[PDB]
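Androgen receptor bound by dihydrotestosterone.
We count residues from 1, following the sequence as given. According to its header, the structure was obtained by X-ray crystallography, 2.4 Å. When reading the values below, keep in mind they use all heavy atoms of this one structure, side chains included, and skip hydrogens, waters and symmetry mates. Atoms within each ligand, like the ligands themselves, are counted from 1 in listed order.
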Amino acid sequence: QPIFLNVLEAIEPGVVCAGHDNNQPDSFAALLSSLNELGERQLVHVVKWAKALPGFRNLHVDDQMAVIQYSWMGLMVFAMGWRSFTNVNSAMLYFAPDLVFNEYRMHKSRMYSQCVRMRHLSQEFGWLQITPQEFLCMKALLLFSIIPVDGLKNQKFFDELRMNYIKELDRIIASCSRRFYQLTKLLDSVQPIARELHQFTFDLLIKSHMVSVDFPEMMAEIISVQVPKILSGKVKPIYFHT
Ligand SMILES: C[C@]12CCC(=O)C[C@@H]1CC[C@@H]1[C@@H]2CC[C@]2(C)[C@@H](O)CC[C@@H]12
Ligand SMILES: Nc1cc(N2CCCCC2)nc(N)[n+]1[O-]
């Protein structure tokens, strides 16, 4: 319909596999190493997605990387939750076609609770009958949903961008307002999830030698330089609802 929807559809990243060896048995080290690797792979695509987003180049260059660097966990969880929805109706987590988590992997990854949280999120796409277009605008909005408490290098450009992505979400919803409450509530629910994964990946990186869980270059860096900013409270999500 609009140029906006056109673009989100056009730029939506395709299939990313994890490289996981599905012949080897399930083990914390194998699974988490494959996850970390899927993380690196998807990071590459999120950067490119983000950069091709309407209005994105309005942001100051510093803010362009910051915003991505802070929001990846949520975008990735969110996108994954939708894959898990469309591909398997939320019965398992469809991280990638070569890394689908059944309950046994949920428990073997040592992230069962976090996993059940994501499965639930995935179910929400069903329970609310989220349209493919609702999904894409929502995921777009997620990128503008976490920021330093100090604001950004150029706070005004960000606010404008964030304002218009809200407007678009609203235009594509357009009592019809329970809809908006719900979706905004759905969006807020990504954040407590991402915070758990944040603490978890961080702890994991710290003891990563002691468990033989393997971290790739870009993952290690972001998790040690950027993720701690979030957990120390220097960077916080923007919630719709208090
Ligand atoms: C973002 C990823 C990787 C890609 C994805 O589809 C969503 C998923 C959610 C769990 C993350 C994982 C990357 C590796 C992490 C960060 C692990 O170290 C702990 C939790 C994992
Ligand atoms: N789909 C939902 C949504 C939902 N709410 C989402 C938004 C408002 C607060 C909780 N609660 C329940 N039980 N289900 O099944």
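- All instances of dihydrotestosterone together account for ligand 1.
- By chain and number, the binding site of dihydrotestosterone (ligand 1) (heavy atoms under 4.0 Å) reads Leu32, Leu35, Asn36, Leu38, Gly39, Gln42, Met73, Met76, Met80, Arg83, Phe95, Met111, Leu197, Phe200, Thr201, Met219.
- The closest protein non-hydrogen atom to atom 4 (C) of dihydrotestosterone (ligand 1) is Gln42 NE2, 3.4 Å.
- For atom 9 (C) of dihydrotestosterone (ligand 1), the nearest protein heavy atom (residue, atom name, distance) is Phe95 CE2, 3.9 Å.
- Annotation: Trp72 places no N or O atom under 3.5 Å from an N or O atom of dihydrotestosterone (ligand 1); distance criterion only.
- Distance from atom 13 (C) of dihydrotestosterone (ligand 1) to its nearest protein heavy atom, with residue and atom name: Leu35 O, 3.4 Å.
- The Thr201 neighbourhood of dihydrotestosterone (ligand 1) comprises atoms 16 (C), 17 (C), 18 (O), 19 (C), with distances under 4.0 Å to a heavy atom of that residue.
- UniProt domain boundaries put most chain A contacts with dihydrotestosterone (ligand 1) inside NR LBD.
- Using a 4.0 Å heavy-atom cut-off, the UniProt 17beta-hydroxy-5alpha-androstan-3-one-binding residues of chain A near dihydrotestosterone (ligand 1) come down to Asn36, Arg83, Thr201.
- Each of the following atoms of dihydrotestosterone (ligand 1) lies closer than 4.0 Å to a heavy atom of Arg83: 6 (O).
- Distance check on atom 2 (C) of dihydrotestosterone (ligand 1): every protein heavy atom falls at or beyond the 4.0 Å cut-off.
- Closest to atom 7 (C) of dihydrotestosterone (ligand 1) among all protein heavy atoms lies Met76 O, 3.8 Å.
- According to the PDB, the organism given as the origin of chain A is Homo sapiens.
- Per-residue contacts place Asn36 under 4.0 angstrom from the following atoms of dihydrotestosterone (ligand 1) (heavy atoms of the residue considered): 14 (C), 15 (C), 17 (C), 18 (O).
- Summary of contacts: the protein heavy atom closest to atom 11 (C) of dihydrotestosterone (ligand 1) is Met73 SD, 4.4 Å.
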Short N or O separations between dihydrotestosterone (ligand 1) and the protein, below 3.5 Å:
residue, atom, partner, partner atom, Å
dihydrotestosterone (ligand 1), 6 (O), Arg83, NH2, 2.9
dihydrotestosterone (ligand 1), 18 (O), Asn36, OD1, 2.6
dihydrotestosterone (ligand 1), 18 (O), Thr201, OG1, 2.9

